[PDB]
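Caption: PDB structure containing CGS-27023A.
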Amino acid sequence: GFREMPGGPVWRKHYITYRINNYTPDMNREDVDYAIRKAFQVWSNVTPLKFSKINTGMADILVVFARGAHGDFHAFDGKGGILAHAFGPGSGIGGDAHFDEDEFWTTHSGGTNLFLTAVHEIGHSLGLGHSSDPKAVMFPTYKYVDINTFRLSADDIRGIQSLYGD
Ligand SMILES: COc1ccc(S(=O)(=O)N(Cc2cccnc2)[C@@H](C(=O)NO)C(C)C)cc1
Ligand SMILES: [Ca+2]
Ligand SMILES: [Ca+2]
Ligand SMILES: [Ca+2]
Ligand SMILES: [Zn+2]
Ligand SMILES: [Zn+2]
């Protein structure tokens with residue numbers, strides 16, 4: 001059972017921009033770009049949404065790696081516990097995705113997988129809440145799965161399209 005964030009916030013545009021505010025030292029700069037790019041694509045593939053990376057200017061979605069208290073009244077808790085959090089569509093912090101820098105970000109499973117976490121986070125950026133369906137990416141539980149073969153569950157697609165269709 002997919003859920004939509006309270007209020008049902010959605011982007012009213014299809015051309016959405018994102019920008020990587022900073023890079024975690026755990027991964028190689030380009031692996032980070034790859035992870036996020038691929039994470040956005042997971043959602044582009046099933047909706048009329050198009051995501052474009054920018055390096056300067058104000059992006060709709062800001063991606064940032066932060067530790068503890070980082071200026072949004074949603075403090076991280078050190079390694080473990082909270083992995084990341086994002087905000088529903090809207091201007092300002094809206095759509096932004098934060099990743100706890102106290103976690104160890106990896107391209108695979110050596111620690112916390114950026115890509116997978118990012119897919120789940122971007123789901124929030126777009127207006128999706130937590131799903132009760134345990135096999136949905138929007139399920140509140142982190143669980144590493146093969147990345148090279150990853151695929152959105154029927155629940156996720158059904159939920160994301162109930163907001164933007166396709
Ligand atoms: C697959 O991607 C994931 C990304 C982050 C997480 S998370 O464990 O950090 N988490 C979910 C959660 C689980 C259990 C209890 N409370 C909260 C945060 C969440 O939902 N972030 O988006 C929550 C504390 C705000 C889990 C999975
Ligand atoms: Ca943490
Ligand atoms: Ca924003
Ligand atoms: Ca780290
Ligand atoms: Zn934050
Ligand atoms: Zn979540």
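Residue numbers start at 1 and run along the sequence shown. Both counts, for ligands and for their atoms, begin at 1 and track the order of listing. Both backbone and side-chain heavy atoms feed into the values below; hydrogens, waters and symmetry mates do not. Determined by X-ray crystallography, 2.6 Å, according to the entry header.
All copies of CGS-27023A taken together correspond to ligand 1. By contact count, the main macromolecule holding CGS-27023A (ligand 1) here is known in UniProt as Macrophage metalloelastase.
The residues of other chains having a heavy atom under 4.0 Å from CGS-27023A (ligand 1) are listed as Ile82, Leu83, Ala84, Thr117, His120, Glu121, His124, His130, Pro140, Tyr142.
The single protein non-hydrogen atom nearest to atom 22 (O) of CGS-27023A (ligand 1) is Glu121 OE2, 2.4 Å, given as residue, atom name and distance. Distance remark: protein heavy atom present below 4.0 angstrom from atom 1 (C) of CGS-27023A (ligand 1). The protein non-hydrogen atom at the shortest distance from atom 26 (C) of CGS-27023A (ligand 1) is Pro140 O, 3.6 Å. Scanning the protein heavy atoms around atom 24 (C) of CGS-27023A (ligand 1), the nearest turns out to be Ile82 CG1, 3.7 Å. Among the UniProt active-site residues of chain A, the one closest to CGS-27023A (ligand 1) by heavy-atom distance, rounded to 1 Å, is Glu121, 2 Å. Among all non-hydrogen protein atoms, the one lying nearest atom 19 (C) of CGS-27023A (ligand 1) is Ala84 O, 3.7 Å. Short contacts between CGS-27023A (ligand 1) and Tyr142, defined as distances under 4.0 Å to a heavy atom of the residue, involve ligand atoms 26 (C), 27 (C). At a cut-off of 4.0 Å, the other ligands and ions listed near CGS-27023A (ligand 1) are ligand 6 (zinc ion). Annotation: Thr141 places no N or O atom under 3.5 Å from an N or O atom of CGS-27023A (ligand 1); distance criterion only. Here is the list of CGS-27023A (ligand 1) atoms found below 4.0 Å of a heavy atom in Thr117: 2 (O), 4 (C). Protein heavy atoms are absent from the space less than 4.0 angstrom from atom 16 (N) of CGS-27023A (ligand 1). The protein heavy-atom contact nearest to atom 9 (O) of CGS-27023A (ligand 1) is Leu83 N, 2.7 Å. The Zn(2+)-binding residues of chain A named by UniProt that have a heavy atom under 4.0 Å from CGS-27023A (ligand 1) are exactly: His120, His124, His130.
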